[PDB]
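The next block holds one structure in the form of C-alpha cells; read it before the comments.
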Amino acid sequence: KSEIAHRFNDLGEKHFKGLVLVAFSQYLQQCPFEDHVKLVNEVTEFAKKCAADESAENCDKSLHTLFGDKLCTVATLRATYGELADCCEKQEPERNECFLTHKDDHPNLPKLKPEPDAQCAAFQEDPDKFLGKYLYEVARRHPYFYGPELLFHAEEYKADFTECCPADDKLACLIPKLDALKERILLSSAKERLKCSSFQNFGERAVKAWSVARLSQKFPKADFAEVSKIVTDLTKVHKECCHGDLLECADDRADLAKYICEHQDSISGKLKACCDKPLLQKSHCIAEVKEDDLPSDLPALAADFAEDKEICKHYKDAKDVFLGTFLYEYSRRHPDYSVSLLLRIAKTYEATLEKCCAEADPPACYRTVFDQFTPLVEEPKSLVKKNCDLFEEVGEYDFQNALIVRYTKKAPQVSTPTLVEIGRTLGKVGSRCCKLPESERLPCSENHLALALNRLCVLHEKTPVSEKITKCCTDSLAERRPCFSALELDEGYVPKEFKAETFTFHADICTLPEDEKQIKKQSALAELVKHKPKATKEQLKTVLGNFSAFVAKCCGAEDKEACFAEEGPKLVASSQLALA
Ligand SMILES: CC(C)Cc1ccc([C@H](C)C(=O)O)cc1
Ligand SMILES: CC(C)Cc1ccc([C@H](C)C(=O)O)cc1
C-alpha cells in the first residue's frame, strides 16, 4: 500500500537514513552536505508518518516520484547542476532515467586528506553528522558504489575513530587504518562499477554468466539448482542497486544473505563464521567468502560435453540451460582460472556447437572442442608468469615504470595522468597477487586487471581519445583483455611535439612526499614515450635513472633552485639524444 513505509519497516530508521543519504549523494554529487541531510530527515519524517497510516495522502506514491520530487527542490539551481534542472521537468520514469544518464564517474572533487585532531573532535561532538559526512563524501566520489557495502565501510570508519581517538597519539593510530580503508573503498567501487558497466553495455545475460562462473568457483559443493537460484536473486539485487533503487536493493540483499545462511549445508562449509554476524557484516563476509574445498564426486566433462552423440539436440532444446550447465561444471573444477577466462572458454564452447550442429557430421566436429581451450588457458598463464618474474626482479616502482612504457606505447593518445594511474594501479596488483600461492596468482591478477580495464573504459566514455580503446571496451567482456593485449603502437602515430617545460624539474618537487615524487617522474616517463615512441625500454630506464639522480642531488643541495636551474637544462638536452 505504501512502498516508503514497507522499506522503513524492513530496514529500520538508521539503515533507511544511511541508504537515502547515499542515494541522494550519488544522484546529486555537487550539492553540499547540510542540503542533503535536510532532504534525508524530511523524507524519513514522511516515512514514519506513512508507517503510522499507509492509506494517508501521497504515501501510495512510488519511491522515485517522492525522492525525485525531493531532489528537485534543490536540483533546479542550474548554475550548480546543469542537466539535473532539465531532468526535473520530466515525469517518471523518464526523470529517474535522466538522473541515471548524467551521473558523473570522474566528478573531480578535491581529494580529502584526514585531519585527525579536528575529525576526532567532530566524531565525539556529533557522531551521526560525522559518519553521515563519510557516506556523503564517498558516495558522490563513487556514484555506483554498492549502497549497503558503503554502510558496512562506514561502520569500519566508526570502528577506527572509536578505537584511536581515546589513545594518546591519534595521528599514527588512524593513518594506517584510513589508508587501508581507502584501498578497500577503491577495490569495492571498481568491483561494483564492472557489474553496473556489464548491465549498461552487455545486459543481464552477461551479469548472470559472470555470477554463475564466480559462484560455481566459490560454492563447488552446491548443485546447479542452488547456484541458479542465488545468481537469479543476486542479479536482481545488483540490477536494483545499479539503477538507483537502493532501498529495494538493500532489502533484497538482506533476504539473500538470510537464505544463503539458512541453507549453508547445501552451499558451502565456509559460511559458518559469516552467518553468526549482524546484517551488514554477514552480507559482506558472504560476498568475500573463500572458495570451498573441491567435492570428491566432480564428474568427467569430456564424456558429457564432447563425446555424447546427441549434444546438438540437448543444445537446441534449451541453449542457455545447456551452456549454463557447462559453465557451472567447468567453473566448479577450475578455481585456479579467472572469471573472464571461464567466460571466454564457455563462449568458445558455444561457438563450436553453433558451427558443428550446422555441419553434416556434428560429433566428429565437436569431438576436439576441449582442445580449443588449451591455448586460451596458456595465454594468461604466460602473462602472469612474465609480469611476476619481472616484478620479483625489479620491484614495484620499476614494474610500474615498465607498464607505463608498455601502455603509453600502445595508447599514446591517452592522458599522462590516466596512463600513470593505470601503470601504478596494475603495478600494485603485481605486488598483491605475485606474493600469493601460484594457484591464486592468475585469478587475483586477471580478476583485478578486469576491474582496472573497466575503470579505463568508463573514464574513456567520459573523455574519448583513441578509436582502439573504444573497440576493446565495446566488444565482449570475455574478449576485452585479449583485445587490450593485442593493442600495438600505431604505424602512423605522429610523435607529440617536444616541450622542454614538460621535462624541466624545479625545487617544488622536493616538497612532495615519496609517492608524489614518483608520480612526477612517472609522468615525465610517459611524456618521454609520447615524444619518442620507438625508444627502447632500457633507453627510457637509463634516462629516468638520470632524472631520478638529478632530483635526489638538487633536493639534497644547500641551494636547491640554483642546482635545478644549472643542471636541469643539461639533462633535458642530453635526454633527447639518448632516446633517438
Ligand atoms: C552509521 C551508518 C552505517 C548508518 C547511518 C545512517 C544514517 C545516518 C544519517 C546521515 C544521520 O544519522 O544523520 C548516518 C549513518
Ligand atoms: C591503455 C591500455 C594500454 C591499457 C592496457 C592494455 C593492455 C593491458 C594488458 C593486460 C597487458 O598488461 O599487457 C593492460 C592495460
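Positions are given from 1 along the sequence. Order of appearance sets the numbers: ligands from 1, and atoms from 1 within every ligand. According to its header, the structure was obtained by X-ray crystallography, 2.2 Å. Quick note: numbers below take in every heavy atom, side chains included, and nothing from hydrogens, waters or symmetry partners.
Here the macromolecule with the greatest number of atom pairs within 4.5 Å of ligand 2 is listed in UniProt as Albumin. Drug identified at ligand 2: ibuprofen. Near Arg406, meaning under 4.0 Å from one of its heavy atoms, ibuprofen (ligand 2) places the atoms 12 (O), 13 (O). For chain A, none of the UniProt Zn(2+)-binding residues has a heavy atom under 4.0 Å from ibuprofen (ligand 2). The source field of the entry for chain A reads Equus caballus. Near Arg481, with a cut-off below 4.0 Å to any heavy atom, the atoms of ibuprofen (ligand 2) are 10 (C).
Against a heavy-atom cut-off of under 4.0 Å, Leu449 is close to the following atoms of ibuprofen (ligand 2): 10 (C). Of all the heavy atoms of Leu456, the ones lying under 4.0 Å from any atom of ibuprofen (ligand 2) belong exclusively to the side chain. Between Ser485 and ibuprofen (ligand 2), no N or O atom pair is found at a separation short of 3.5 Å.
Lab note: most residues of chain A in contact with ibuprofen (ligand 2) fall in UniProt domain Albumin 3. Using a 4.0 Å heavy-atom cut-off, no UniProt Ca(2+)-binding residue of chain A is near ibuprofen (ligand 2).
In this structure, the binding site of ibuprofen (ligand 2) at 4.0 Å (heavy atoms) is formed by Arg406, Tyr407, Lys410, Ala411, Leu449, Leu453, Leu456, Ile469, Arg481, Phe484, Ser485.
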Quick check on ibuprofen (ligand 2): any N or O pairs to the protein under 3.5 Å? One line per pair.
{"unit_1": "ibuprofen (ligand 2)", "atom_1": "12 (O)", "unit_2": "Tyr407", "atom_2": "OH", "d": "2.6"}

